[PDB]
Q: 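Momelotinib + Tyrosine-protein kinase JAK2, experimental structure. Questions below.
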Amino acid sequence: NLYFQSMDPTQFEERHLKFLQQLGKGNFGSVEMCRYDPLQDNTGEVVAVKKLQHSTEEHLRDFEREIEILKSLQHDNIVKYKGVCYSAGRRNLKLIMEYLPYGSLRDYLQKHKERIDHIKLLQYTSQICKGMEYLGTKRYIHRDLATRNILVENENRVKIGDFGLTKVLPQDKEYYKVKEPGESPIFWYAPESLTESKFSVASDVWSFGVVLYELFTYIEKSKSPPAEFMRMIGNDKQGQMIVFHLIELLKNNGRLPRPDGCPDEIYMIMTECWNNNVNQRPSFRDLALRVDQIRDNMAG
Ligand SMILES: N#CCNC(=O)c1ccc(-c2ccnc(Nc3ccc(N4CCOCC4)cc3)n2)cc1
């Protein structure tokens, strides 16, 4: 009460934050490209600015937690927090982060295949694993690892780029039970997340396996996880029947197929991540080392 939490409301003043482009909309948020030009001279750093789509009270509280999460992270493969803009005369909140020019990895794989080969995919795989190792040191569970939430700085660097579903483990538990679910990315979820709403480092590893699948399908039309699972389940299914069949399929070892051209050894990594036995999934440290050894064992 007496003294409010430290914040720097003059770091990004709304009057100097200049719109450049709309970048995308999520479930609860919208992201713009802006230029922060305090010397009103048409210069300044380019930044990404996350805002809410629907500014209810509950969403604002969750957004504050997301901001605190991102601010606490400093790693080469995590999008860089810059600050907050308290716009509308300090009656609204916007999150300021660095701007990464090539957008989501999902889009980059579809739009920039000319500059992607397996070496690059393994580099991105490694970088994602290292960012996730770092999250684990903070006891953060991402809960939405997917190529749409990874951002591309350049052909040699990707970063985990969004944290809107991230949760902090309780002190005395190795899982977080989500007890207010909203929209769920079911085709990336581990079975125990689907059946018990339990999220953990190990369920992030499961989702990472799906990310690795996404990378090697090159975001090919008809090969995405939703399209492939729907083909396996039955394309005509609708509503909860989809979830029922997805759960039953996963529990009895149904899995996404090996992408065309994917090496057996990379598919093996995927299938080890997709273990119904939570404790048998590899760690992100195991995965980064294995991927970097594969890369390093190539000639050159
Ligand atoms: N709400 C919600 C879920 N999160 C986002 O939508 C989200 C989060 C972060 C960023 C972000 C952060 C830093 N840099 C960038 N760069 C970026 C560059 C290009 C594009 N696209 C280029 C192609 O057309 C569509 C936008 C998208 C983001 N994005 C974008 C969207």
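Residues take their numbers from the sequence shown, with the count starting at 1. Hydrogens, waters and symmetry mates are skipped; everything else that's a heavy atom, side chains included, is used. Atoms within each ligand, like the ligands themselves, are counted from 1 in listed order.
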Q: Which other-chain residues or nucleotides lie under 4.0 Å from momelotinib (ligand 1), by heavy-atom distance only?
A: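 With heavy atoms under 4.0 Å, it is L23, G26, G29, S30, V31, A48, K50, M97, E98, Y99, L100, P101, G103, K111, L151, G161, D162.
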Q: In terms of atom number and element, which parts of momelotinib (ligand 1) are under 4.0 angstrom from non-hydrogen atoms of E98?
A: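 By the 4.0 Å cutoff, the relevant atoms are 13 (C), 14 (N).
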Q: Purely on distance, is any nitrogen or oxygen of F28 under 3.5 Å from one on momelotinib (ligand 1)?
A: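 No, since none of the N or O atoms of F28 sits under 3.5 Å from an N or O of momelotinib (ligand 1).
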Q: For momelotinib (ligand 1), which atoms, with element, lie under 4.0 Å from some heavy atom of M97?
A: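 By the 4.0 Å cutoff, the relevant atoms are 12 (C).
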Q: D162 to momelotinib (ligand 1): N or O pair under 3.5 Å?
A: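 The answer is yes, given that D162 and momelotinib (ligand 1) share an N or O pair closer than 3.5 Å.
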Q: Polar-atom distance check: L100 versus momelotinib (ligand 1), any N or O pair below 3.5 Å?
A: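 For momelotinib (ligand 1), there is an N or O atom that lies under 3.5 Å from one belonging to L100.
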